Amino acid sequence: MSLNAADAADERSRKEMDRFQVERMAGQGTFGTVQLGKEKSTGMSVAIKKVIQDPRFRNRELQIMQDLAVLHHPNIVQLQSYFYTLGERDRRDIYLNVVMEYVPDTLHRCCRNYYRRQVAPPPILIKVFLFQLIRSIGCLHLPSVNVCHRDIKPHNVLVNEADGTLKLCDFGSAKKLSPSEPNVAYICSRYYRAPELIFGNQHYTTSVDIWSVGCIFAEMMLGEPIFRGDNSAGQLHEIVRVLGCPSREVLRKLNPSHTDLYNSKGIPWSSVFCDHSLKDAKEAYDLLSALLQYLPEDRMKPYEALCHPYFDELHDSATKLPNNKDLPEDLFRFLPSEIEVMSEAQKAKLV
Ligand SMILES: Cc1ncc(-c2ccnc(Nc3ccc(S(C)(=O)=O)cc3)n2)n1C(C)C
Ligand SMILES: C[As](C)(=O)[O-]
């Protein structure tokens, strides 16, 4: 219940730890370990995450979480605390711990519960989740924030199915990018990696996140990842197999040397998803194609995508989640920093 003061690496950390009680383990994996706890002062459920930092790469979880904590964005986790603990199996190891609010599920697990029981997720849940995921990157990509997550995947998109809410987390791989400065192209889970990253480009933009989001939209409607390659070239083959071979000019723009594959005509979305009951499939598929453009600049930007006709029914107070609950109150609650950068047409539609 109490966190063990003896595991604090220092006084500051012992004092932060005393704010929280541990209820139980929530999940463990390659990233580290997430415990469900409570803030003792408010009762609030928290995720206490013990961060495992791969020394081959730059981990920016704490610094990016601190920059985002100023915004209070309804679709991004809010840092509550950070502190350092000694390792369980070897006390010479010290770990960063970040505390944020707890969200009960991942989008991966929520979708997998439907597919495993032979049901596709309800269309209105896919739609409300997508709206929120796009809003989360909208916020990250603002000029005032300039954060590229670079590892968006169903496993770090958090959801509460009961109230239709969604939050983005897991910012260890995130970075503010500049066209002047180079980056590591091998970031992101291979299945969600944009073509410019498959090509090993060291200069790339926040549009890599848009690709990842499109990939997730497809996976929510398919039940498995849409582009499943065994390697970088395998990944391009799978993309080209589904979307069709782009022109040589497009391939030359993406290939850094600017100077090689089957000429697939691509599969229509209708044959990929086989969902004849989806009443607005045409809109859904238009949106998907607008996110999954080969050239980064051609991809639909988040605030334009929020105004896409696929999302029209989210404006109707009569629209309900599958359990008959109202849509989340915060869907159309925008931050001043978001509103002040919108076009007049986007403000009219969304605010
Ligand atoms: C990587 C990461 N960084 C922060 C979180 C995070 C943040 C807030 N809430 C939760 N809740 C949660 C955790 C694990 C599971 S599980 C393993 O049973 O699927 C289900 C819900 N987690 N996480 C998550 C994505 C592990
Ligand atoms: C090595 As890097 C792209 O995380 O600054």
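Note that the numbering runs from 1 along the sequence shown for the chain. All ligand and atom numbering here is 1-based and tracks the order in the structure.
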From MAK683, FYX-051, L-778123, AZD5438, can you tell which is the drug at ligand 1? AZD5438
Supply the name from the PDB entry of whichever chain has more contacts with AZD5438 (ligand 1) than any other. Glycogen synthase kinase 3
Find all atoms of AZD5438 (ligand 1) within a distance of less than 4.0 Å from any non-hydrogen atom belonging to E101, and give their numbers and elements. 8 (C), 9 (N)
With heavy atoms under 4.0 Å as the rule, classify the contact between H108 and AZD5438 (ligand 1) as side chain, backbone, both or neither. neither
Ligand-residue contact atoms, AZD5438 (ligand 1) with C169, heavy atoms, under 4.0 Å: 2 (C), 3 (N), 4 (C), 5 (C), 23 (N), 25 (C)
For atom 21 (C) of AZD5438 (ligand 1), what is the closest protein heavy atom, and at what distance to 0.1 Å? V103 O, 3.3 Å
Which species does the entry list for chain A? Leishmania infantum
Considering only heavy atoms, does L158 approach AZD5438 (ligand 1) within less than 4.0 Å through its side chain, its backbone, both, or neither? side chain
With a cut-off of 4.0 Å, which other ligands or ions come near AZD5438 (ligand 1)? none
I need the nearest protein heavy-atom contact for atom 17 (C) of AZD5438 (ligand 1): residue, atom name and distance, please. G27 CA, 3.4 Å
Starting from atom 3 (N) of AZD5438 (ligand 1), find the nearest protein heavy-atom neighbour and note its residue, name and distance. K49 NZ, 2.9 Å
Provide the number and element of each atom of AZD5438 (ligand 1) under 4.0 Å from a heavy atom of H155. 25 (C)
For AZD5438 (ligand 1), find out whether one of its N or O atoms is nearer than 3.5 Å to an N or O atom of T106. no
With a non-hydrogen cut-off of 4.0 Å, what is the binding site of AZD5438 (ligand 1)? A26, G27, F31, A47, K49, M100, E101, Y102, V103, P104, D105, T106, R109, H155, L158, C169
